[PDB]
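Structure note - benzylpenicillin (bound form) present.
To match the PDB entry, the residue numbers of chain A are left as they are there, and the shown ones run 39-678. For ligands, and for the atoms within them, numbers begin at 1 and follow the listed sequence.
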Amino acid sequence: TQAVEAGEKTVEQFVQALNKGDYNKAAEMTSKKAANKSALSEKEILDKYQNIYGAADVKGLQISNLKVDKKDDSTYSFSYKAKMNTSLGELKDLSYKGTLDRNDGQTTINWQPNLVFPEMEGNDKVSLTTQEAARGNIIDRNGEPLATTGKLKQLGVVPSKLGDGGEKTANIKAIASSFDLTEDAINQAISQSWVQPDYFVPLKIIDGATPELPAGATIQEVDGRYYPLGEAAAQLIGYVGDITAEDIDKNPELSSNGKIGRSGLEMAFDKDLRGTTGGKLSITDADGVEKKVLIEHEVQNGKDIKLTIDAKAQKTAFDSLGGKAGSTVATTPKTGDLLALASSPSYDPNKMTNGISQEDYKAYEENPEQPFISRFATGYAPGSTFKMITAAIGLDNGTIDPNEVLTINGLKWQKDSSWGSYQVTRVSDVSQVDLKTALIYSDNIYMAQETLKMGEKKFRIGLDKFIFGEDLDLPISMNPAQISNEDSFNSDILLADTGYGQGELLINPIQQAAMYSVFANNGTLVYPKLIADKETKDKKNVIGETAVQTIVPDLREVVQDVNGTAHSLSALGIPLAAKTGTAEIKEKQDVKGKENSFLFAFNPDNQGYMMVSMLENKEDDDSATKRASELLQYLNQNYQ
Ligand SMILES: *C(=O)[C@@H](NC(=O)Cc1ccccc1)[C@@H]1N[C@@H](C(=O)O)C(C)(C)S1
């Protein structure tokens, strides 16, 4: 019992060496190459573990139920049970054994072939057969293909079949012109280091119709991941990439000859879409004689995933942005089904997963407008659209009277002289301003005064009833919305700015569509829902039904009144309640000052659809309201 404590330490740090991937240090703990001692030499153990554990991708060796006893003068036999993770799953209830040798003060392990796998004898071998699982598709709310694995048409060139001299140079340009490609890229692809005279070197992928084939234009049909919408759903869906040797080290259950999701839903749902690798891990002997099977299970394909996205609304919402920086969120506000999650500018997913020239990948990483960003998940300042929330709070606590008319003179205003030179500004010079007039002309001075009148304490009481600080249940990485940096404004100026959607507010378009969903459910907040089978979670009594019955009729006038900020939408001739708004951004990249246009709109008759569009760093005379008539028409007669 005095040396058994050091004997259990020997088995403890031996399994730790195997579990740490260091087989050399694990071999140094064995005895000497003899009949009853260790059965192999030093490097003979290193090569035995590395070839077997490396082939099956063995990682995570845990042991339990140790029992170290005695038998002879130095033969203290040990036995335990272990578990490990391989390419085909987890090995459980592995009964191990062996003996020890405690000569002097160094207790070693009499190594035996049963220490690699339980039922391995003298010179036994291990074999692994695996069949990769097909990746499941991603479908929309109507079963349309958003991310399937289909057949593609390739285009490559063989350097020998290009001619026999100067004819190759002319055809290198004839192939570049017949398929719209760079002539310098064809002669560069055929002159790489790995290129051989008769090797089929690929080029680009034919999108559909195959043009005339010049002097050697082989079209080898290949299979790969295909995204039918392309850039329209690039940020949402994502892209898959080839699996690296360092990826298998983290999760050994991945097929090294397969694809892994790198961003978006392809990554957030990688476990459900890749399936499980099938095959058999058996122990053989001599000439592949199947002795004992360790693991063997059938191949399971990936589960298809149905979203709440409308493929037609996703493409229309993206195309309406015209390639400018922005995003659009369209939902069914009574259930939360996100019908479209567009972001612009965007990248090409089919180009990323099917091989992209590194010059073009630098264009996406160095693009100032950042096409990789999912702008529907990026927190912004909500802008003038946030006055709906501030007004609804003011009506609930009785601070704002819908019929009380404030008298505002000029375009600038400040509470006292303690504000220095800062003044709340408004665009229109209306003298008599009530709640109806302030929401039509988008008056900041009215909301600023009614916010200071409301008080900081009473303001947050209504704000805390929303989703500020909450993390929504969506497979989209985002930060929770915040009222301010700290839990206290500690500034009258900051309180007024937060009244009309400025200050230290950060709300992403998905969270905005959730907070604004109360105006379509009579004060009940409906959480957004991306997976089609998810339940409809809601949160009632956020604002009173009285404030909804007061603001919603006013939001109709933002469209119908001749001086409304969203009057251009009255041309649609459909029932609409909207609320526009810009937002000042003082980014230090330039001394100008970028501003972001916003737009919120929904149908007040049936509450069938709700839309939140925005334009980041908008161009002059451009607005989200201008480029919203297209999908507002679609959402009107398709989601009533
Ligand atoms: C709401 O965000 C308001 N805008 C501002 O406070 C900043 C601003 C930016 C550019 C010009 C003027 C003022 C008002 N809402 C928007 C809108 O509803 O589009 C206005 C441009 C009417 S100012």
Query raised in the report: What is the name, according to the PDB entry, of the chain making the most contacts with benzylpenicillin (bound form)?
Result: Penicillin binding protein 5
Query - Source of chain A according to the entry - result: Enterococcus faecium
Query raised in the report: Which residue and atom, if any, anchor benzylpenicillin (bound form) through a covalent bond?
Result: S422 OG
Query raised in the report: For benzylpenicillin (bound form), which residues make up the site at a heavy-atom cut-off of 4.0 Å?
Result: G421, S422, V465, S480, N482, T618, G619, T620, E622
